[PDB]
Amino acid sequence: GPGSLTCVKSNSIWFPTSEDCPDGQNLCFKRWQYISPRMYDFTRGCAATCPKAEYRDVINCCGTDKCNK
Amino acid sequence: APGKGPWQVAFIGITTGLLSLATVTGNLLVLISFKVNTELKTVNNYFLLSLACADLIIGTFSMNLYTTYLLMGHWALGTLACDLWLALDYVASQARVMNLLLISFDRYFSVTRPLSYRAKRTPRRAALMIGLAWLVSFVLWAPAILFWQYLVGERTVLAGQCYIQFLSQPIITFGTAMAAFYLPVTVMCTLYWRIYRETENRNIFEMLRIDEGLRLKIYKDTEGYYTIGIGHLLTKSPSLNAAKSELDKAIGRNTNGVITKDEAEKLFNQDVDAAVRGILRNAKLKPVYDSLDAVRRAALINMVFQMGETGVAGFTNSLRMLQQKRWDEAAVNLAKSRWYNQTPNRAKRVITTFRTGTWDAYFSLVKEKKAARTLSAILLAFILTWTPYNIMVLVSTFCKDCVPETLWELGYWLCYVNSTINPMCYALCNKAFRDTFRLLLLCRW
Ligand SMILES: CC(C)CCC[C@@H](C)[C@H]1CC[C@H]2[C@@H]3CC=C4C[C@@H](OC(=O)CCC(=O)O)CC[C@]4(C)[C@H]3CC[C@]12C
Ligand SMILES: CC(C)CCC[C@@H](C)[C@H]1CC[C@H]2[C@@H]3CC=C4C[C@@H](OC(=O)CCC(=O)O)CC[C@]4(C)[C@H]3CC[C@]12C
Ligand SMILES: CC(C)CCC[C@@H](C)[C@H]1CC[C@H]2[C@@H]3CC=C4C[C@@H](OC(=O)CCC(=O)O)CC[C@]4(C)[C@H]3CC[C@]12C
Ligand SMILES: CC(C)CCC[C@@H](C)[C@H]1CC[C@H]2[C@@H]3CC=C4C[C@@H](OC(=O)CCC(=O)O)CC[C@]4(C)[C@H]3CC[C@]12C
Ligand SMILES: CN1[C@@H]2CC[C@H]1C[C@H](OC(=O)[C@H](CO)c1ccccc1)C2
């Protein structure tokens, strides 16, 4: 949004919440982190830069209100 | 970019179709041989039938779809096929461990409650046990794997992948390993440990059962004294009214002269623990009991059960020979005893028990060692194919990344190999499956 930016917030397997981005973080990320073959740790939130995508990671970035749903 | 795969996936990919066929055919044999042969219909094998049903689902659906997913690197069968594959795999795997619990407890209650538990050990109640085990396995995993995405309102599983959505957190996979594997394995190991020590007591029960008799109602013994159960003297008073009151003292219930099957076992355990405790407090019987093996300690417990601690301690030469491991020479001395001349055949059975070191004078124990070996095989085959993956998920939770990807695929795969070798254990352990499989494969039914 213009000035303000709210991302979906998720660090667990339960219902997601919403986070108001602090100044300097203008992106919403949706991040699947690889640990073991069928294991992907799923996180959603706000960030200043997109996290580094390692081997077998899938990361989606965007700058719209709640675009990482 | 070309992908250079490891030799492990080549190993998994080629042999999976071959092991899938071996799993389904071997598990169809136990299924059909159970229907063709009415003699295989023993309560022990009914549990094995439920394991084979779980092994059949793994060999038909779980094993093949795993290897397609492994070899393609993604799930191309849609979102619904993923949920069904995960459900069928986890429910069947949970039914396996739930069954292995039932088999373990069944041996435990059969040995610790020989008269009580086997009294109600019918092919009908074992069906309820198998039915409930498959029911709880379904209710735990099936509605959760299929409908968790509908509960949280979103499907967060990666689009090209296939896994349980509510285990998509590393700490949760640790807890599931502890609760679904490590907790059931520890209780099975403790049950397996207790069975080893309790079967000695089970044999003493059957030993004394034929020597001392078994009656649930008060009766006069060979000396005219009122007795109930396995040689439990109630009173030496001529009035049976004292016998009823003494029975009401040991059993906190208005017995009116009769006890139940459970109550008989409790009196036997109290009397045999008092017998072995009388052995331990005696300085003459302390060394000989410790030195002897399980079968000969049972014969010593028999004599103490019959006469008493101070009665058996008088046989100084015989005890001095049993501690000295001179069995044939000690057998002729106890024949010289007044004990030998008074009881007709109990003494001779106890004598042959010392010199032979076997139970041959009482029973054979060839059928029960066979079933115990069948138990030991299915548990050990479960441990050797499931702990690798589970010690990996353990170290994966603490160590960041030090278990290779090739080992995960092997360990995950090795759990499937358990389903392939259960029929092999059956034909190797039970010689009735072995022969019934031969007439089915050669078309001789
Ligand atoms: C009659 C058939 C159905 C039974 C045998 C089937 C499999 C058990 C065999 C067939 C081809 C064999 C494979 C042939 C070649 C190799 C490569 C070999 O690679 C190495 O030795 C070093 C590898 C490296 O350094 O990268 C490891 C064993 C393996 C996978 C073999 C494993 C066992 C396989 C899959
Ligand atoms: C379709 C997928 C999702 C699951 C397939 C599971 C089958 C392998 C299970 C489900 C119902 C089971 C059957 C349900 C009840 C019986 C009766 C039972 O009959 C007896 O043992 C009594 C003696 C006799 O009739 O011969 C034999 C096993 C059998 C056929 C079971 C065999 C294995 C079955 C077919
Ligand atoms: C398809 C998946 C999800 C469930 C598979 C369930 C089977 C593994 C369970 C459910 C019904 C159970 C059967 C239901 C009834 C019987 C008959 C029962 O036979 C007797 O009671 C002996 C006396 C008589 O034959 O009447 C022995 C257990 C058995 C085979 C049970 C064995 C295990 C079965 C097949
Ligand atoms: C179904 C039964 C009757 C026959 C199939 C037996 C297999 C399940 C056994 C037999 C040979 C075993 C394998 C022999 C050698 C190894 C190498 C061993 O070490 C390595 O893989 C090297 C480290 C690495 O490169 O990752 C890991 C286990 C494994 C695959 C063993 C896993 C279990 C195997 C495949
Ligand atoms: C889907 N898993 C099951 C069958 C193949 C994989 C590997 C095994 O995973 C487990 O051992 C875990 C516990 O660590 C488990 C999950 C559900 C039931 C029993 C065991 C069972």
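So you know, we letter chains A, B, ... as the sequences are listed, proteins then strands, and number each from 1. In listed order, ligands and their atoms are each counted from 1. Just so it is clear, the values below take in all heavy atoms, side chains as well, and ignore hydrogens, waters and symmetry mates.
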For ligand 5, which chain gives the most heavy-atom pairs within 4.5 Å, and what name does UniProt use for it? Muscarinic acetylcholine receptor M1
Could you check which drug is at ligand 5 for me? atropine
Using a heavy-atom cut-off of 4.0 Å, which other chains touch atropine (ligand 5)? B
At what distance is the nearest protein heavy atom to atom 17 (C) of atropine (ligand 5), and which residue and atom is it? B/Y90 CD2, 3.5 Å
For atropine (ligand 5), which atoms have a heavy atom of B/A177 less than 4.0 angstrom away? 13 (C), 14 (O)
If we only consider heavy atoms of B/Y66, is any one of them less than 4.0 Å away from an atom in atropine (ligand 5)? no
Which TM segments of chain B end up near atropine (ligand 5), like under 4.0 Å by heavy-atom distance? Count them from the N terminus as UniProt has them. 3, 5, 6, 7
Under a heavy-atom criterion of less than 4.0 Å, does B/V97 contact atropine (ligand 5)? no
Students should be able to answer this: which protein heavy-atom is nearest to atom 4 (C) of atropine (ligand 5), and at what distance? B/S93 OG, 3.2 Å
In terms of residue, atom name and distance, what is the protein heavy atom nearest to atom 19 (C) of atropine (ligand 5)? B/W386 CZ3, 3.8 Å
What are the neighbouring residues of atropine (ligand 5) within 4.0 Å, counting only heavy atoms? B/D89, B/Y90, B/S93, B/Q94, B/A177, B/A180, B/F181, B/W386, B/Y389, B/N390, B/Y412, B/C415, B/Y416
